[PDB]
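Here's Capsid protein VP1 with pleconaril bound to it.
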Amino acid sequence: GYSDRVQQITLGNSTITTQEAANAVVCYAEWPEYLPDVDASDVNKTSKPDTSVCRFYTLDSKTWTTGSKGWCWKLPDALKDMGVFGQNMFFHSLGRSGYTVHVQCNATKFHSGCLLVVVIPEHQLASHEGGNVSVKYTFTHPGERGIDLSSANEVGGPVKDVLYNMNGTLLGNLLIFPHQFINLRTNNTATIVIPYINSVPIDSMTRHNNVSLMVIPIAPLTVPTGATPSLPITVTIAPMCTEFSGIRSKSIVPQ
Amino acid sequence: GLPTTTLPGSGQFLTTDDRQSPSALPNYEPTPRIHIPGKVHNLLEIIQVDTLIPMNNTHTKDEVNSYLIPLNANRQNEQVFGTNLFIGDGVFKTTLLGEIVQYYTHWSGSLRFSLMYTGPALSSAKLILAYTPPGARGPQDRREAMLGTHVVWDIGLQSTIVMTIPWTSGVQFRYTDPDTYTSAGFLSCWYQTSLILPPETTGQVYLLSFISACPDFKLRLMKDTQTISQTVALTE
Amino acid sequence: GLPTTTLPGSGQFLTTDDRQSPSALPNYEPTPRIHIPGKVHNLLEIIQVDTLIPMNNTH
Amino acid sequence: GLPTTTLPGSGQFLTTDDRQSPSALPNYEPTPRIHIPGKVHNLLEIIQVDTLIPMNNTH
Amino acid sequence: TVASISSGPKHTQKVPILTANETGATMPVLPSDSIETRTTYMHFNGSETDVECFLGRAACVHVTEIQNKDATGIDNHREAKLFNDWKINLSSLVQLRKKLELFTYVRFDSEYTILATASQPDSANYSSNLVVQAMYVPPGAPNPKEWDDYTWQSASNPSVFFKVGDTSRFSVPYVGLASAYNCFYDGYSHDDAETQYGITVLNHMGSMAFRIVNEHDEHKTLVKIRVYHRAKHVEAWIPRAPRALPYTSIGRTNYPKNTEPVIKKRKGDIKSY
Amino acid sequence: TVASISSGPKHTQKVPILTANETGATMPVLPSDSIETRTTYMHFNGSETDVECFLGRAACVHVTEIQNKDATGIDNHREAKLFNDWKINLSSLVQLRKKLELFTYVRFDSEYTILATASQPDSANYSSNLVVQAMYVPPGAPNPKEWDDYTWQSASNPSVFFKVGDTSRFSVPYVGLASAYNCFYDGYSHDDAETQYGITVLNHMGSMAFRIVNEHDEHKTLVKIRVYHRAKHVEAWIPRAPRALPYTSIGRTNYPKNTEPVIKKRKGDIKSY
Amino acid sequence: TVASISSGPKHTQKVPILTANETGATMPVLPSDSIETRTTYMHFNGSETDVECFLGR
Amino acid sequence: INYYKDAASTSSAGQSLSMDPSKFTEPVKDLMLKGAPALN
Amino acid sequence: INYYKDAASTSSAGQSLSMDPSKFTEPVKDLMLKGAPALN
Amino acid sequence: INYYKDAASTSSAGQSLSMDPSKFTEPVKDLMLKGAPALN
Ligand SMILES: Cc1cc(CCCOc2c(C)cc(-c3noc(C(F)(F)F)n3)cc2C)on1
Ligand SMILES: Cc1cc(CCCOc2c(C)cc(-c3noc(C(F)(F)F)n3)cc2C)on1
């Protein structure tokens, strides 16, 4: 009696269960793996903390209301302060990792709503100022909090129009990227396994965000008559096949 | 000296020609290839991935709402939506399919049109999707639509219905650019029974529509698209 | 570089010449052929079919 | 006469191209090679020899 | 290769047309899964939609200008256009840019074609036979300062000399520092609060300088230079949403403020045909 | 191959020269069927009358014009001929048209040759070396509006750049949507009371735009462009009555009113030699 | 061709990184002689630095 | 020798060398023999 | 026949002829059979 | 294929592919082993 709906994911000393899943997506059908010799350039022996960093970290919950526009997190940024994973991030010159993203949101058979959960490799954001204005470091490194698409523009920050994916492309085409939907009537969780995707073997984990995770309401939230007009959304992420290289002083980053 | 005769066209620069040319960087050794997931070989590969259709054009500006097809409770016989099938224009123009299709002049094959219900689990409904092949008008009522290719969709556990728009044509290819002789027909949706909401539940439920190509698909005669332009060269 | 000598006529456009030329539409796949009755291969084929002579010009 | 079509780039002088060219001194016999120590084949050979770094710029 | 198989009536427990798009998958449903079909063949391979073909034709990537005129008394040759340069990039002219940006990473060899055309806006007794010199100035190479610098000696930099009115042609191997070129880059050059964002910091390919070798004539000649790029031996990874809004700058994904709706608005109902 | 066999006297019940043309057949009667003949050989294959040869030579199919001049203040470049375009079709110039129309359906690859010639009607100190750009604009591609639009970037549209006075040459594969091109079409684009009739609705091949890349000189230059078409790998079906009356329009079979008799009138009797 | 061999911890009497430059020699010391390394390949021949190429333009 | 990759770029086909006028000259249902009465 | 020493100078590669849309169309962990309930 | 009679007219030689830095890096009389004391 095994179902696409019931699943368990165990990484390190952390386990996740869901009784209302919709299968799981493995980006471009590729499971994360360590860096093979044939592709390596950096000559340093790498460090593989394994279970101390390859475990689930739960971010702060977001509140989905009738007016929510969506949220955007960036990796590895979002976990920059998570236990040993975070520490290794700043103590090493280079690093590479994959992840298992698990977005949670339950309601009742009376509610309705549909969230788009998508992973976008190299999600280079646009400046709301147009022209040739840049987007300052801090604004693409929100950390665990993430970027709230319904928040107002701010000097040095990115444009936050859900309709244009924060980058001049249409929302409807976000589906070309590995994604999954959390359709309250069907779902309650979305799971995406992300393999390391980059044009280099390994890379700086502080100055470059490999992918960004977006949770975007498409069909708006609807609650039954007289019910609390909101639902919480929780994001849990676990790094996997994490490798660190070039250990040293420990970066000091903007702000 | 080998005697030769130069032919017309000599000295011309055909942007489409594929010849050899001397390398300006002799002995340069390019960087090793490393494995990168998600390799794309053919555009026909990616148009088989469906994206959301902004079926609900009706708004004053681009909005998440243009992707939401409204469904109304306790309506019988009525029409939910309609559209012609010029995949290179209208609702389709901005979709991945429409976008890629516009890089070519001709298209052929079958389209995959899907509808995902997002209303509450305890609600129910039966809709009917219909494809009206060229030669007659877009259907004006369910009876008329029902006479052609269609699918009666029962909303339930499996949230999505996939209706195929089978390649129905005499000439084996059509123009991506809207052309009458080459029209693809019409697509419409109607209430088979009606949408029923459960107690303590109120308002509107929406449908999400998707479009993608079947392995049937063919695209040819590459050309520039009308989906991008500029007045002056961009600068840094 | 292969030494060559261009001959008179170079650069000319003889409407009757039959040479190769680059294709402006590389990789284009033309529509499949279907059977169509009445194929003509040579004009000598059709002149063997007789037609009416307007022998009575007089009008 | 072999029919040909000249391509874009004809007549250009790419300082980096490596072609054949007629010799202005036909039948000239260059001087014999003699052994000379210290032959260099690749620049990667000599950069492996270390030299002093003017680390104390300060002057 | 069959396009459609023969398929007749159906009455099963197997419902191929009922799926769950929230899984993130696009099930390969076929016409034969929902209607009765006959057998047909493809008679098609999809050659023209191969990425090698898609990016395999020349597209104009830059237009610039230089001019032949007396340099006597000119204090800034560069400004006077006695010679000009192009900070190499493929995102200045939008047509090719949108195509390349259909992917995230892209790797290929490049074939360049440079077309130079003359123009004499005011009184000239004849059109002069000018020779253009296009020199590649990689990062670190000395930039020309005067139209006749020692830099144009081009002892190590590669350069071509061709007639105006004519065309220049050569190919360049994949010169990226990484395994592929980035069309997008969600990062910076270092962890700094003010440094630039985007591929702007990645695509640092130096530039190529153009000049007219001839000394000046009595009249002034305006030479316009157009660079065309054709990719060959193509490899592309991670497809993405096509660009929808207009571009505003080289390298950034920025779009103009108060831009017009890109999705057409119906002249009527959602029920309209 | 014998042209005529040896045939002598005859006195039979077999009458080869008596037939019934109402059957619709043209019996293959030979000279040896009605007279005494000697043996002769063909010494002929009929190569020159093969449809491949008949349509296999270049014929001018269009003449157009563009000009190089100051565009300053010109509000409609197209009208000013700063650039011009040709709604591709092969029935504008009658010579090739009559040949093609000897058949109903026709299929072949095309070899185009574009000749551009300069002209300076009024005072000019020299003849300029202009470069022409011919770009193919398929249905759906953005049409150029100004002689220096972004459209001329031609990132996906194919185009050639060649010198005026020179010639352009390339071939195009059979691009019909059907299995063959229609020379005639007894139909419409849809069942509408006012829509157009004839191949006019079938031959929608887009158009090709021409322009001169160079900026303007002091004087004005008139460039005339002639397009030649040669068919190759020919296939033809359903022969028809040759055209008798003059043409009046592209695509239609219409003929002028009060047209002159095409059949010669005898200067005398029906008995006249 | 390997760029670097796999090399682990070390505690020897053999000190490759201690030399005497007054000999006039540049001992071919490698990264694997002073740090722990992983295996990597050259994927490079050095064509462009051959004297034939250096003076060949 | 063909210098280009596409078929469309090759030169002329060369004589079909088929030649069968009968589909136009004798498109009759019942075969008619020369010499035999056309209408029997 | 290639006239130049470097690979970069050769002409276009020719159709990849691989074509596997599944890494984009079906990037799911548990194989889903057409016809079988998507969510069992 | 070489079109000219003289050797001088042929194109570039192609990578020497010898590469021995030791005549410059280790021009010492007594071989010195990496790891062994430079001055014994
Ligand atoms: C993305 C992306 C990819 C690239 C490749 C740019 C290639 O850069 C060049 C160019 C444009 C020209 C030459 C070049 N070599 O010789 C000449 C000359 F003829 F122009 F001098 N130009 C060399 C390189 C490395 O740039 N952006
Ligand atoms: C009947 C009948 C048959 C045809 C074939 C028309 C072919 O259409 C073209 C033409 C005329 C030129 C090009 C073309 N490709 O490149 C160029 C350029 F060099 F002109 F730019 N022109 C491409 C097509 C599909 O048109 N009418």
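Each chain gets a letter, A, B and so on, in the order the sequences are listed, and its residues count up from 1. Shown: partial entry. Contacts: counted within the shown part. In listed order, ligands and their atoms are each counted from 1.
- Other chains near pleconaril (ligand 2) (heavy atoms under 4.0 Å), by letter: C, F.
- Heavy-atom contacts of pleconaril (ligand 2) within 4.0 Å involve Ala24(C), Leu25(C), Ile88(F), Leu90(F), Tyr112(F), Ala134(F), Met135(F), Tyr136(F), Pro158(F), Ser159(F), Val160(F), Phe170(F), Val172(F), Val175(F), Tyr181(F), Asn203(F), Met205(F), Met208(F).
- Residue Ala24(C) has at least one heavy-atom neighbour below 4.0 Å for each of these atoms of pleconaril (ligand 2): 15 (N), 16 (O).
- Nearest protein heavy-atom contact of atom 6 (C) of pleconaril (ligand 2) is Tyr112(F) OH, 3.2 Å.
- Counting protein heavy atoms only, atom 1 (C) of pleconaril (ligand 2) is closest to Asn203(F) ND2, 3.8 Å.
- Closest to atom 3 (C) of pleconaril (ligand 2) among all protein heavy atoms lies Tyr181(F) CZ, 3.4 Å.
- At the shortest separation from atom 2 (C) of pleconaril (ligand 2) among protein heavy atoms lies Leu90(F) CD2, 3.8 Å.
- The PDB records the biological source of chain F as Human rhinovirus 14.
- Ranking the protein heavy atoms by distance from atom 18 (C) of pleconaril (ligand 2) puts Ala134(F) O, 3.6 Å first.
- Protein heavy atom closest to atom 19 (F) of pleconaril (ligand 2), with residue, atom name and distance, is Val160(F) CG2, 2.7 Å.
- What the entry calls chain C is coat protein VP3.
- Scanning the protein for heavy atoms near atom 26 (O) of pleconaril (ligand 2), the closest one is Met205(F) SD, 3.7 Å.
- Of the protein's heavy atoms, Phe170(F) CE1, 3.5 Å lies nearest to atom 14 (C) of pleconaril (ligand 2).
- Distances below 4.0 Å separate heavy atoms of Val172(F) from the following atoms of pleconaril (ligand 2): 13 (C), 23 (C), 24 (C), 25 (C).
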